[PDB]
Amino acid sequence: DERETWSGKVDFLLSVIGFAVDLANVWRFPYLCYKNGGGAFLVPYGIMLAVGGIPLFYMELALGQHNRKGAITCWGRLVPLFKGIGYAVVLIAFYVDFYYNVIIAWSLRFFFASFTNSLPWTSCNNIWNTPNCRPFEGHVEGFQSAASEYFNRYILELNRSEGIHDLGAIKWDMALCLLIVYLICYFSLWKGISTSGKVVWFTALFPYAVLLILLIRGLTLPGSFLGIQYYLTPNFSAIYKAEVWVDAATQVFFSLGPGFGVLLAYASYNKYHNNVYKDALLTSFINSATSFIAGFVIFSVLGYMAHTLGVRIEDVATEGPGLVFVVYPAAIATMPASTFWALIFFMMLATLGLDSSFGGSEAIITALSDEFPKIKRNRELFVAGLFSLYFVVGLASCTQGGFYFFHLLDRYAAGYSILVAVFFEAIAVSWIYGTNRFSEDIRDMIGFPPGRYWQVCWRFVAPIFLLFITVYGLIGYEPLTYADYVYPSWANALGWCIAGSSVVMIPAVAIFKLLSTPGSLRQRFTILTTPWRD
Amino acid sequence: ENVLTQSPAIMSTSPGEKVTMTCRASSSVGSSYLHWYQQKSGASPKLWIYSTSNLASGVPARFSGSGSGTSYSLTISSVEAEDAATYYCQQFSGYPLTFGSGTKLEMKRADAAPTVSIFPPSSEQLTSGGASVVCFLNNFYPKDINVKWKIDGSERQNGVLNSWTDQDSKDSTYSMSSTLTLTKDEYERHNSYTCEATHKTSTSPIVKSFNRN
Amino acid sequence: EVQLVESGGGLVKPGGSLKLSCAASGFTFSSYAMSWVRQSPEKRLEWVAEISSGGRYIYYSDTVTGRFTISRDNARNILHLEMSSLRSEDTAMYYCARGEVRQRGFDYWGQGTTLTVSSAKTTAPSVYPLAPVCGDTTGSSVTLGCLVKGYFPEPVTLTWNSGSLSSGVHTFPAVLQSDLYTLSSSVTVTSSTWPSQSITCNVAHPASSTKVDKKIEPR
Ligand SMILES: CC(C)CCC[C@@H](C)[C@H]1CC[C@H]2[C@@H]3CC=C4C[C@@H](OC(=O)CCC(=O)O)CC[C@]4(C)[C@H]3CC[C@]12C
Ligand SMILES: CC(C)CCC[C@@H](C)[C@H]1CC[C@H]2[C@@H]3CC=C4C[C@@H](O)CC[C@]4(C)[C@H]3CC[C@]12C
Ligand SMILES: OC[C@H]1O[C@H](O[C@H]2[C@H](O)[C@@H](O)[C@@H](O)O[C@@H]2CO)[C@H](O)[C@@H](O)[C@@H]1O
Ligand SMILES: *[C@@H]1O[C@H](CO)[C@@H](O)[C@H](O)[C@H]1NC(C)=O
Ligand SMILES: CN[C@@H](C)Cc1ccccc1
Ligand SMILES: [Cl-]
Ligand code: NA
Ligand code: NA
């Protein structure tokens, strides 16, 4: 007693729906369905989502609302030995904001350049173009498309950089976009969930408005059904594939936000007797549904290119920034009223990353605010200093070799770090803290205990599900490379430190305050294995 | 505290008819947090209807729940003799938890005159110094009845202990025990005692007296 | 299957203290939460206190708050209610119930245990025979009676011929007057049944250790 609270449920839901729904719902999910043989991929997707994904999503939102405090204090009051988990989780989201915000900037950059008629990326006639330029996507690497050379040779200017060691000059139009992004995030998270809850009303809802338009505009185009085939046409042969179950497991986990401390932070502002089990199920469904819907949006346009524009589906069907910043814009340029589709598309991409970035920063702020009252009393100054650190370091990704810096963090930062973090989150709650003890916490909140189905997934399924993704991730590991460029072995090591920077906090904090308390284990051990009972 | 009020307090119904009892709360209660309990005479309460609608295991389909907010109701489509009991509505919405005042359901039947019996003070009692007269009114309907005690010519209004049996599941009638306690010394000063009960069945009272003779 | 048994409870002087226990069986005890619900002699159901499945979250009514302590033994599956500074208003039959899912209400109830808080001293009942006035004779059937007067506290066990006659028997509920209970029972047997055979009224009052049978003669 006591803590600040939400402005009412729709704010919380939109914040969670906002954080959960990002570009991964767009440039990733639809691709996996295509690669994994269509609606058949939904089987391993739905299964991995039900047993592994939701229970983890449910779990964080539960004890997030129950303990009513940030990730650091929450795990400190839960399993003081594992408090380091809260530290790891927070600084993981700290690393992500160094890069992930760049995607929003790129979206704003394309938004500014899309004001004009005759969109710049529709022609090889321009000044930044190579003789190897093509009108649209192809096979051979040496020859790129028009929309591809615009992104690389104009916006990113990645051609100037020979690698990560050379970042080249700082691009200020790009630095301007990054600053604009950090400004929006500041006047959002400025006063906290008071303003934050209201802003997500736009950022969360807007993407669905544009999705509906592009969904209609896409299906109104020739060959749109051909794209839907490449999208949802079932191959159940992939069901027996190991990589398919891995991709479904991986996507389901990363699509939802568990382990980032974001859900934990957002839920901590909930009313104690609020029903999380309803919110968790609702939010989860809306997330996957959005990906499914967006899938039709992409492949409707993708199939359109294969039909009218005469390009192989294998070439135009892709994932990540390449899809949204290159492939899709290329199709929009061909359509009538090009400028309109381009403007709303790029605005959607920005609003898709914004509410996702809000939760990320909030996870840091809330976790720290509860831990340290000094930055709890001073808010506006803290977030100003935080985003200042982001912008300065973020200038590294605004350079000419910025993508090389971006791609380094993308792979290493949160990739292998959070899997082990959430694995300890699952083990701590289900075993150290115990399931029967956790189930009782939920009963006191929502009125009823979790079904034994949820108990089993937390204690057994989740841990195996996590190691399953982690084990195969390590076995299928390869040195970091982008395009024809291979990262130096020192660059790889620099990313493992970042990946280890978080994870190491868990055993570190476990050892640190293990030597702080008196007595002898088990006595010292049992003190840290006991929750906060007063 | 959330006060649940139930009406009617007592309810008489003929088997086969349709009965409805309501529930009203001081504060609005969640539709899933309102439950109904059936407690038969001399027995523990039993879960009957939960979440305002869903019945329990063993509960016939004749029972149906309804209502929301501050107003709820329990309805029996066709009442049966085994449905006679006290029903309690209760809310889990918030602490402290509260039970409704309850609605006692009784079976209505044909009117029947009481079978009255008068007994003199037992000799075992007189030796103790006290003398108490007892009068039994058995098997009548409806429940309400009025006993009047008279020694000799005049009525005695004090020293009377009345007791009523709950409605049985057999003939669905009631019964009353009226005991007039006196001191033996003051008992032996009067040679006549009369016990008469005026019921609804008769315009004139059923009367039986006895003499010390 | 599931069964709950309330134990302990009885006469206690005002300001005194007592502990009630509920023996749970037929289900996993640690899984379900328990609650104490008491019903006054006026038949008003009042929720007393609730304990969690692990005995962590506890809730009391404002009435018994601070004077009552509800405990839990998950090893032997025993529920406990610790009372102190008992008042007269606390007199009722206490029930054991679960109590787990708020939306499902209370699954099962115990048989209940009675608690009486009074300054009144325990006294044995005086059983008196009821012999019909002599006489109008008969008649299709004749009614007899047994008067149990001046006892405390409840309950009392009254039967006829050692529970042989359940027919034509009316046992009236006790009525408390000046810290004393008075009870009576009437039995109706055919004119040829009595006094041709033996009609006996046997009363049992455990509190005073009083076990008394009786014979009814028309003397
Ligand atoms: C691809 C898009 C269009 C649909 C996304 C699929 C999910 C929204 C659906 C598919 C499988 C569903 C699950 C199927 C199995 C159940 C078990 C169910 O567990 C119980 O409820 C047990 C008893 C209880 O607690 O109610 C909870 C919901 C859940 C996980 C479902 C959650 C929603 C799921 C994931
Ligand atoms: C599928 C495409 C074409 C249309 C999608 C429509 C969007 C706007 C729909 C899908 C799911 C909906 C949300 C479902 C959940 C809630 C919680 C409620 O308390 C506020 C409204 C809100 C937030 C809804 C807003 C509208 C919504 C976001
Ligand atoms: O032809 C349209 C527009 O393109 C470029 O504009 C850039 C501008 O130079 C940058 O400073 C930043 O604002 O992004 C703009 C995106 O259009 C060219 O400068 C010029 O062709 C024109 O302004
Ligand atoms: C396209 O029209 C826009 C209208 O705002 C204008 O700014 C731009 O200069 C035009 N493009 C040209 C002239 O190449
Ligand atoms: C929802 N998917 C997350 C990777 C998005 C995110 C953004 C910022 C911080 C953490 C997480
Ligand atoms: Cl997804
Ligand atoms: Na997602
Ligand atoms: Na988002």
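Letters A, B, ... mirror the listed sequences (proteins, then strands); counts begin at 1. What's counted below: heavy atoms across the whole structure, side chains too, no hydrogens, waters or symmetry copies. Counting starts at 1 for both ligands and their atoms, in listed order.
The drug or drug candidate found at ligand 5 is methamphetamine. The chain in largest contact with methamphetamine (ligand 5) bears the name, in the PDB entry, of Transporter.
In this entry, the other chains with a heavy atom less than 4.0 Å from methamphetamine (ligand 5) are A. Counting heavy atoms within 4.0 Å, the binding site of methamphetamine (ligand 5) comprises A/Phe19, A/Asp22, A/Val96, A/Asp97, A/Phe254, A/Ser255, A/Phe260, A/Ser356, A/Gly360.
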